[PDB]
Amino acid sequence: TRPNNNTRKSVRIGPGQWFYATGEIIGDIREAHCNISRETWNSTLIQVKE
Amino acid sequence: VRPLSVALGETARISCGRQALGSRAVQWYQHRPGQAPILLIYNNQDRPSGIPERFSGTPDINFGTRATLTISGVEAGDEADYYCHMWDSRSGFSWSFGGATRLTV
Amino acid sequence: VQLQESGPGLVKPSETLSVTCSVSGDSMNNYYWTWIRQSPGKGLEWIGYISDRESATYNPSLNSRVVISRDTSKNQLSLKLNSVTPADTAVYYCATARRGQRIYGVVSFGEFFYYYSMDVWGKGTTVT
Ligand SMILES: *[C@@H]1O[C@H](CO)[C@@H](O[C@@H]2O[C@H](CO)[C@@H](O[C@@H]3O[C@H](CO[C@H]4O[C@H](CO)[C@@H](O)[C@H](O[C@H]5O[C@H](CO)[C@@H](O)[C@H](O)[C@@H]5O)[C@@H]4O)[C@@H](O)[C@H](O[C@H]4O[C@H](CO)[C@@H](O)[C@H](O)[C@@H]4O[C@H]4O[C@H](CO)[C@@H](O)[C@H](O)[C@@H]4O)[C@@H]3O)[C@H](O)[C@H]2NC(C)=O)[C@H](O)[C@H]1NC(C)=O
Ligand SMILES: *[C@@H]1O[C@H](CO)[C@@H](O[C@@H]2O[C@H](CO)[C@@H](O)[C@H](O)[C@H]2NC(C)=O)[C@H](O)[C@H]1NC(C)=O
Ligand SMILES: *[C@@H]1O[C@H](CO)[C@@H](O[C@@H]2O[C@H](CO)[C@@H](O)[C@H](O)[C@H]2NC(C)=O)[C@H](O)[C@H]1NC(C)=O
Ligand SMILES: *[C@@H]1O[C@H](CO)[C@@H](O[C@@H]2O[C@H](CO)[C@@H](O)[C@H](O)[C@H]2NC(C)=O)[C@H](O)[C@H]1NC(C)=O
Ligand SMILES: *[C@@H]1O[C@H](CO)[C@@H](O)[C@H](O)[C@H]1NC(C)=O
């Protein structure tokens with residue numbers, strides 16, 4: 001996940017060329033994280049050990 | 001310092017002097033002059049014992065909900081000064097109480 | 001939980017204001033402690049709070065001229081305030097603090113902030 005709410009800001013840089021940057025962030029400044037279980041990853045590594 | 005006038009029996013809506021960015025935890029205080037302040041709401045809905053159920057606040061469900069103290073069935077004992085003490089995730093430590101609301105019915 | 005304070009009432013400018021608050025009923029180890037000021041015509045101003053291991057953080061607005069101290073030998077909360085001004089002529093209240101922790105994200109990432117809630121208060125004493 002990327003659990004912080006970001007707004008897309010369109011910046012004019014040329015004729016037809018539109019630069020889409022990150023606008024004002026609202027909500028909570030939170031880190032992007034991934035939950036790779038713990039129980040399945042225990043048995044996966046053990047079968048990697050064998 | 002902000003006057004608000006409501007009639008008897010109505011639901012009083014006290015808005016905070018500061019607005020919400022991000023997740024919040026708002027504390028509400030009642031301050032009669034010459035009397036001790038009393039805790040009404042902590043963690044944005046929890047009401048300690050001794051506070052009647054007339055006093056209520058909005059829960060923190062998602063973003064955009066304005067922090068408002070609800071006084072249903074206002075009595076003569078609610079004449080005081082009401083405080084919104086706000087914490088949030090981006091302004092850091094909230095050293096100041098913010099603006100004070102002078103309530104007179 | 002009852003808190004009863006007592007102060008000197010009047011000092012000359014740049015002297016130390018010392019108020020002594022007696023706390024009775026419960027143990028000292030279970031709560032955080034604080035001091036509250038209320039200027040006349042203005043709001044409530046925090047002046048600081050004390051921790052269990054004698055660590056105090058002060059207001060950037062007050063420019064760190066306030067010292068909050070603690071003496072557990074006689075079961076009381078202490079205060080000292082030097083470099084006083086006529087703007088410090090105010091009503092002082094004593095209270096305790098409960099450190100609340102509102103989680104909004106992952107705990108292991110430090111995605112949380114601490115807040116304090118004040119449940120019991122003193123009666124207030126006026127010094128000039
Ligand atoms: C990858 O894994 C990590 C690890 O789990 C995940 O990180 C988690 O992220 C979530 C984000 O939502 C965190 O949830 C938050 O938890 C807060 C604390 O919850 C604990 O305390 C409360 C109150 O004491 C208890 O009720 C909770 O118990 C409940 O949840 C557990 C979860 O299993 C159940 O088992 C229980 O049975 C209960 O059901 C916890 O003990 C929690 O307060 C917070 O929810 C509030 O905040 C959100 C956002 O502001 C609001 O939308 C929401 O409505 C809640 O607001 C109410 O509660 C607050 C309480 O202060 C009030 O003030 C409000 O007014 C309102 O009433 C939120 O849910 C979770 O803690 C965290 N895990 C860890 C270990 O830290 C990642 O998400 C995950 N990623 C992916 C992609 O999966
Ligand atoms: C990023 O910096 C810009 C600098 O221009 C900020 O934009 C202004 O911010 C001030 C607040 O100091 C506002 O009063 C203006 O209205 C803003 N102007 C515009 C055009 O947005 C912007 O707010 C900053 N963003 C973040 C997230 O800090
Ligand atoms: C990843 O998230 C998904 C949900 O998007 C989880 O999958 C479901 O989880 C619920 C409750 O946890 C179960 O009732 C469903 O049966 C699950 N569905 C499937 C298809 O598995 C999943 O458990 C999450 N995994 C981790 C490691 O967090
Ligand atoms: C993520 O950001 C978008 C855009 O800033 C939010 O959409 C707005 O939400 C507010 C209320 O928070 C509404 O008043 C606006 O009308 C919405 N605008 C649009 C274009 O949808 C969105 O709610 C945010 N989501 C979260 C979870 O914070
Ligand atoms: C991981 O697996 C081993 C062997 O299967 C087990 O002894 C251990 O308790 C497991 N740990 C966790 C955290 O599940």
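Residue numbering restarts at 1 for every chain, and letters A, B, ... go by the order of the sequence lines. Heavy-atom basis, side chains included; hydrogens, waters and symmetry copies ignored. Lab note: partial entry displayed, contacts enumerated inside displayed portion only.
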Novice: Among SAR650984, LY-CoV1404, 10-1074, IMC-11F8, MORAb-009, which drug or drug candidate sits at chains B and C?
Specialist: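 Among those options, 10-1074.
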Novice: According to the PDB entry, what is the name of the macromolecule sharing the most 4.5 Å contacts with 10-1074?
Specialist: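 The largest share of contacts goes to Envelope glycoprotein gp160.
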Novice: Which chain of 10-1074 would you pick as having the most heavy-atom pairs under 4.5 Å with chain A?
Specialist: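 That would be chain B, by heavy-atom pair count.
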Novice: Do you know the source organism the PDB entry gives for chain A?
Specialist: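 The entry records the organism as Human immunodeficiency virus 1.
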Novice: Counting only non-hydrogen atoms and a cut-off of 4.5 Å, where on chain A is contact made by 10-1074?
Specialist: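 Counting heavy atoms, the epitope is A:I25, A:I26, A:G27, A:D28, A:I29, A:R30, A:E31, A:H33.
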Novice: Give the paratope of 10-1074 towards chain A, heavy atoms under 4.5 Å, by chain and number.
Specialist: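 Using heavy atoms, the list is B:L21, B:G22, B:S23, B:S89, B:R90, C:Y104, C:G105, C:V106, C:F109, C:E111.
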